[PDB]
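What follows is a model of beta-lactamase OXA-10 carrying bound ampicillin (open form).
All chains are named by letter (A, B, ...) in the order of the sequence lines, taking the proteins before the strands, and each is independently numbered beginning at 1. Counting starts at 1 for both ligands and their atoms, in listed order. Scope of the values below: all heavy atoms of this structure, side chains included, with no hydrogens, waters or symmetry mates.
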Amino acid sequence: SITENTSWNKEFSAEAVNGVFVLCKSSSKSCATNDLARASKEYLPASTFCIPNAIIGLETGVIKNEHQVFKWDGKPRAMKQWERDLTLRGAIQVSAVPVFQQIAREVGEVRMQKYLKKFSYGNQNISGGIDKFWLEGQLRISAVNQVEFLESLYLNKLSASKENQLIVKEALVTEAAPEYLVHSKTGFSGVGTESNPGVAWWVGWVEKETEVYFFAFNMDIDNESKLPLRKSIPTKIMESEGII
Amino acid sequence: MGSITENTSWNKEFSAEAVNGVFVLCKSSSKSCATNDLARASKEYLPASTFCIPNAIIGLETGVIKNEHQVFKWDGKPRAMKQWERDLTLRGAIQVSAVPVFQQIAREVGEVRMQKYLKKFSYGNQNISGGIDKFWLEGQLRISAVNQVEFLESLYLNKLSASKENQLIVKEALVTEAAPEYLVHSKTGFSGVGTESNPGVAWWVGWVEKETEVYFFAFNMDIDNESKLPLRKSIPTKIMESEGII
Ligand SMILES: *C(=O)[C@@H](NC(=O)[C@H](N)c1ccccc1)[C@@H]1N[C@@H](C(=O)O)C(C)(C)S1
Ligand SMILES: *C(=O)[C@@H](NC(=O)[C@H](N)c1ccccc1)[C@@H]1N[C@@H](C(=O)O)C(C)(C)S1
């Protein structure tokens, strides 16, 4: 069940952004959103994919453990912040595509397909190349599906060891206050064009007091300068709901 | 750890605030440690609330605490601090130092088991006399800054005699600051103000994961006035900043 909250629209109008935000208290039974249609519309996950990719890496033993260091070979990578040795959290935090690309090759198509089917992860379409299907391929997932997936990870109810789920959850912490903890992950596919814009994501959950909130945001983006709105619009919405 | 080295330069921030105390900082890759004062680094003090860390691990491991999603329900009967009068998750109890919560956990663990696990953890003098529900607050239990960093390293590496899953549960509960380049896990403690002649102690212990390095730390200081309590974070923090760690 998803309900439309009219007042959340103000935040998108301000910035002239087309997107959606989905927010759920306690569980994904009752969610609220600014747009019913766009909530269940599926988009390329881009780097929000790090999350199932990491779980599957651990599960398959491609990632040996919590403390493994992904060594840089010294060959050029597409961003300078990727040009260094990285732990798992480091790689998640800076969206180190090359690291996740090598994890995906090692997992292979067959296991990758099996796990996204196990995880009900979006359209579960991994075609287009094993090291790029989440970046430019045909894989697609909605804000609503993201919240369900993160809810299952929160409850240790994904098909993976509780241990591997805990390791990933800790790698995902992005903000810690006495009153609450935020785990979240960004994604950005690219600019595309004006006639066909890329998509930008922010997804995660907030543990506050004894309560938990799951969120997922995306928006059309045709200019990298618009990128901060992927955090600032949903932060505004949560700040105004007293969640952060 | 494998080695320790005195660096008296760190006495700077202590003198500046008229404070007697110690900071112990170790680099996990090199296994080597530095401190402003070797002597005080080895001296043993009441853990106070830093003891929440083994207490929570022992609670999980004996099954007294069910899991991280366990809620510790407030009965409603007034408690010693307003922030304790609310339901609390494990993290919640750790974060505000909810004494009565850990007292109940200790009571259900019991003396025999508590004794056992402090032996496994090599936790300080392992002395739990004084009542199973206050030995860490007003009893005979003492631990040093050095012992504290060794115990943390073990927790970090999942080497304590407890399940990896239970160690992970507590490790997450301990996160107190997050940033893209580093994660801090830590826990404070404060025994009380004691006296000008017999001061109390305040602690800040923890670890920082930055790039591919991990730094373990333990701070303690004498305290005879609550006005000085924020020093237990501001001094170690200035030192880790000057070392480029946070
Ligand atoms: C995940 O979303 C990654 N994005 C991509 O791989 C895109 N192909 C890309 C877009 C822009 C620049 C480089 C690659 C990472 N996400 C971006 C972000 O979160 O801002 C990134 C720049 C860190 S790469
Ligand atoms: C852990 O350190 C706890 N401290 C105590 O229970 C002391 N016995 C105490 C000292 C002074 C006043 C009241 C109790 C908790 N941590 C303290 C703190 O961090 O300030 C506390 C006072 C919140 S209780």
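Other chains with one or more heavy atoms under 4.0 Å from any atom of ampicillin (open form, ligand 2): B. What the model shows is a covalent bond from ampicillin (open form, ligand 2) to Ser49(B) OG. By the 3.5 Å distance cut-off applied to N or O atoms, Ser49(B) is counted among the residues near ampicillin (open form, ligand 2). Selection from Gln103(B), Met81(B), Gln83(B), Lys187(B) by nearest heavy atom to atom 22 (C) of ampicillin (open form, ligand 2) gives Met81(B).
Closest protein heavy atom to atom 7 (C) of ampicillin (open form, ligand 2): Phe190(B) O, 3.2 Å. Residues of chain B that UniProt annotates as binding beta-lactam and that have a non-hydrogen atom under 4.0 Å from ampicillin (open form, ligand 2): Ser97(B), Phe190(B), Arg232(B). Looking only at protein heavy atoms, the nearest one to atom 8 (N) of ampicillin (open form, ligand 2) is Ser191(B) O, 3.4 Å. Under 4.0 angstrom from ampicillin (open form, ligand 2), the non-hydrogen atoms of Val99(B) all belong to its side chain. At a 4.0 Å heavy-atom cut-off, ampicillin (open form, ligand 2) does not touch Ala80(B) at all. Residue-ligand proximity: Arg232(B) is placed with a non-hydrogen atom under 4.0 Å from ampicillin (open form, ligand 2). When non-hydrogen atoms are compared, ampicillin (open form, ligand 2) lies under 4.0 Å from the side chain of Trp84(B) (C-beta onward) but not from its backbone. Between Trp136(B) and ampicillin (open form, ligand 2) there is no heavy-atom distance shorter than 4.0 Å.
Short contacts between ampicillin (open form, ligand 2) and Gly189(B), defined as distances under 4.0 Å to a heavy atom of the residue, involve ligand atoms 2 (O). Nearest residue to atom 10 (C) of ampicillin (open form, ligand 2) from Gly192(B), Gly194(B), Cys52(B) is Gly192(B) (criterion: closest heavy atom).
By minimum heavy-atom distance to 1 Å, the UniProt active-site residue of chain B closest to ampicillin (open form, ligand 2) is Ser49(B), 1 Å. For atom 13 (C) of ampicillin (open form, ligand 2), the nearest protein heavy atom lies 4.0 Å away or farther.
Close approach to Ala48(B) involves these atoms of ampicillin (open form, ligand 2), each under 4.0 Å from a residue heavy atom: 2 (O). The binding site of ampicillin (open form, ligand 2) (heavy atoms under 4.0 Å) is made of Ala48(B), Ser49(B), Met81(B), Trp84(B), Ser97(B), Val99(B), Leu137(B), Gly189(B), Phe190(B), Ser191(B), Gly192(B), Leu229(B), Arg232(B).
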